[PDB]
Amino acid sequence: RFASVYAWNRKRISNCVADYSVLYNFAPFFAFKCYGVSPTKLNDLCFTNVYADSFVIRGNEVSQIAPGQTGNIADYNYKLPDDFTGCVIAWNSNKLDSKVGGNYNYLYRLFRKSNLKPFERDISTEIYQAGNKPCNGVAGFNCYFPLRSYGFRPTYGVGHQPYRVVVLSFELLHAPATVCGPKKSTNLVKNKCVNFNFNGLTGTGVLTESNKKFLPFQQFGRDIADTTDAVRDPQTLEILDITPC
Amino acid sequence: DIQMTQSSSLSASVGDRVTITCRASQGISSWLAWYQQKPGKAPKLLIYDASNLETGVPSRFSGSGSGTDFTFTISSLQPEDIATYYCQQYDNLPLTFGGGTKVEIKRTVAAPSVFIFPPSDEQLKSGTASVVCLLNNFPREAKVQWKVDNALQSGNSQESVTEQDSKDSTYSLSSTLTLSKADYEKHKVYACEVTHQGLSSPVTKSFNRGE
Amino acid sequence: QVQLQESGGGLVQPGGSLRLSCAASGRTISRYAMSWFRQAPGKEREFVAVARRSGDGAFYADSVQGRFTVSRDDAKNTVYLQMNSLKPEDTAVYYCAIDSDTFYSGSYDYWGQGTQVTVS
Amino acid sequence: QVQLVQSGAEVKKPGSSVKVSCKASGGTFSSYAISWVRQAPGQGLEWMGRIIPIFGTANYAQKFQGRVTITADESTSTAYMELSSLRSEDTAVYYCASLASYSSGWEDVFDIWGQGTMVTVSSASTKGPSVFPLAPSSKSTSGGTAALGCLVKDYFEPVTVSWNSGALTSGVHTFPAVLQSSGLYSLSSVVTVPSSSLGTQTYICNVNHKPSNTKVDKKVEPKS
Ligand SMILES: *[C@@H]1O[C@H](CO)[C@@H](O)[C@H](O)[C@H]1NC(C)=O
């Protein structure tokens, strides 16, 4: 079961190993677009959190699922932020959701009082007000039920066939990270020019025992110009200084 | 068109595990539900997704299967399970339901209380006669036949079986012959002989003209 | 419907058994299994023994230790035993039945006659 | 919170049209969807049609189109059902249930159900029953028990047959509804009582038919 484009589902993924290979190697994923990240590199990265949003929409309507797009969905049902980093995965669902003159459970909002904000979600289905006349019950021009169903008929073409979509939103700052990929750790090397990959931060330099008092809530240290001056090991939590060879 | 077949009647005692399946000709995309219902009453929905129970039903009820097959299961029967259950398909618009499997609380067999009574003068003076044969507190199958004038006759009585008794899981078959006063006075003896899944012999009970 | 009749007796000494000599009529009882069950006051029917077509004797439950070896001779539609006559503990009422599934071992019974017994 | 209530029972002639509806109580008429499903005596549930009051979309089963028509409104907040040219086989109970597949990723199942509307088709009309007692012979006594009978025929359809003003319930054997060739129904109740009571203790059988608002009480008497 997948939710409608309005009142879409949201699942938080944290504290686990993300094996994106089993996700990419799926056949029915006919559309797989990522922003700010390449699918081949997902297995080597680590994020601070992951949010999976799922819903069903028309076929060509999937073009509205992208940063800064315009349209019914992108404006009143589900809007992605301009700085979105993640992936949008879609696959056909005619064998699952389509019914001849049926499948009313999938709906979308046609109009709204104002444009929906990024990652917003309006659970209520109150009737839009027309203004020129009082509207307490059902009414005409502007006071129609805001939701209307797709009614996925198998006779419809690809332009109106049901497509199942799930958007993977990744937060990619450097705060406590917990969704790293299947990469394997390696014994630490100190006092030698070594290439390091600390919880996703990749660089080169010599690692030395730190002498600065990191507070228990801090995980990284920076000099002028965002230069990472220190880092704490995600395994033994010891603070290490980074100096260019 | 899409159809299904539940596989029809069951009997189980409190505590045991029972399983039922509703086959189909084409793979249902996990769009199958199961209802609880007393015969001839508003059903109650138990399973709507193949692996998700609704609010209010205990975990005692369960189900499994996917695609072109499914299996409804009760991990343990209880006296509240005296009812029929219906497998429902909702993969397409032309909604259809199953025939309905019925599970009966199982209390072991018992011998029937067999009886008879001839018609009264109130029935006789109206130009007709009637004789009621009885089977009380006994599984469900049984048969009644008549041997008026010592010869075999059949196809002249109404057989009706009662729903299961919740006190001892027994049944009751009440039957009645109905013929004319001419047919009543024609034969020198009217006799009912009762057959039953458990009985020593055809239980013979008869009367004569006067009595 | 099918007919099932009862025969037995022959009390020689209190050895401990029940002289089942069930019989049938009006059906090819070779197509079905013949079983027998007991009924104690306030007790449900318990599977005691069954005369299967395997021909290796009887299949019985642990409740009867060594006192029942039911067998059949379908050419005469009758059951036969080899054990002693009776004892007080086995005086509980008995019932003889056939299994209505074709060659199956599951219990779905149609039973016949029976009588009472007693011994010192 | 949502709950449904249906109309009462109905009885009409074959070939006519029968009208039945169900109130869309609870929640709102806009957030509700109704669907009608048939259940015939001796058969499981069977679909009739679906209607979404707010969307106005409706459909029928491939064997009841035209024969069945569905309508709904908001001023009354109910789904209207009309069955035309009804056969004699159309004697059945119709249900009105909630269609969950209408909103928010639910599916085509029925979470809320109404009571039920019984529609019967016969040539007879609503009239009282005909009742008469039994008359067993003394030698019918067996094992300390004796039977007592009370029969009802030519009635039109619940008939409550009670013994000892309903004070007796042990051993009650009752008929299911059986119809005769004359378009009339019949029901009989027979009870098992101590044999020594027959003739010594007084027993009476009573009958009631609510549709016609009538009662009948009769005394049973042996004869030899
Ligand atoms: C991770 O595992 C290594 C080796 O098993 C161990 O030395 C280290 O303390 C562990 N770190 C945490 C945070 O569990």
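The first sequence line is chain A, the next is chain B, and the lettering continues from there. For chain A, we keep the numbers from the PDB entry: what you see runs 346-590, in order. In chain B, numbers come from the PDB entry; the residues present are 1-7, 9-139, 141-213, in order. Since chain C takes its numbers from the PDB entry, the residues it shows come out as 10-129. Note that chain D is numbered according to the PDB entry, with residues 1-156, 158-225 shown in order. Heavy-atom basis, side chains included; hydrogens, waters and symmetry copies ignored. Be aware that this covers only part of the deposited structure, with contacts counted strictly within it.
Structurally, the greatest contact with chains B and D is made by what UniProt calls Spike glycoprotein.
For chains B and D, the correct option among VRC01, HDIT101, JMB2002, REGN10987 is JMB2002.
Those other chains that come under 4.5 Å from JMB2002, heavy atoms only, are A, C. Per UniProt, most contacting residues of chain A around JMB2002 lie in the domain BetaCoV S1-CTD.
Looking at the entry, the name attached to chain C is Nanobody. Heavy-atom pairs with chain A at under 4.5 Å: the leading chain of JMB2002 is chain D.
Epitope of JMB2002, chain A, heavy-atom cut-off 4.5 Å: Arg346(A), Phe347(A), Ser349(A), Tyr351(A), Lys440(A), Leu441(A), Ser443(A), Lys444(A), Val445(A), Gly446(A), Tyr449(A), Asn450(A), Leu452(A), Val483(A), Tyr489(A), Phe490(A), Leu492(A), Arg493(A), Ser494(A). In this structure the paratope of JMB2002 facing chain A, taken at heavy atoms under 4.5 Å, consists of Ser30(B), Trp32(B), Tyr49(B), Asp50(B), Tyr91(B), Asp92(B), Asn93(B), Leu94(B), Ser30(D), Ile52(D), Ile54(D), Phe55(D), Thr57(D), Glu74(D), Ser101(D), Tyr102(D), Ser103(D), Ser104(D), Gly105(D), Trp106(D), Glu107(D), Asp108(D). Formally, the PDB entry designates chain D as Heavy chain of JMB2002 Fab.
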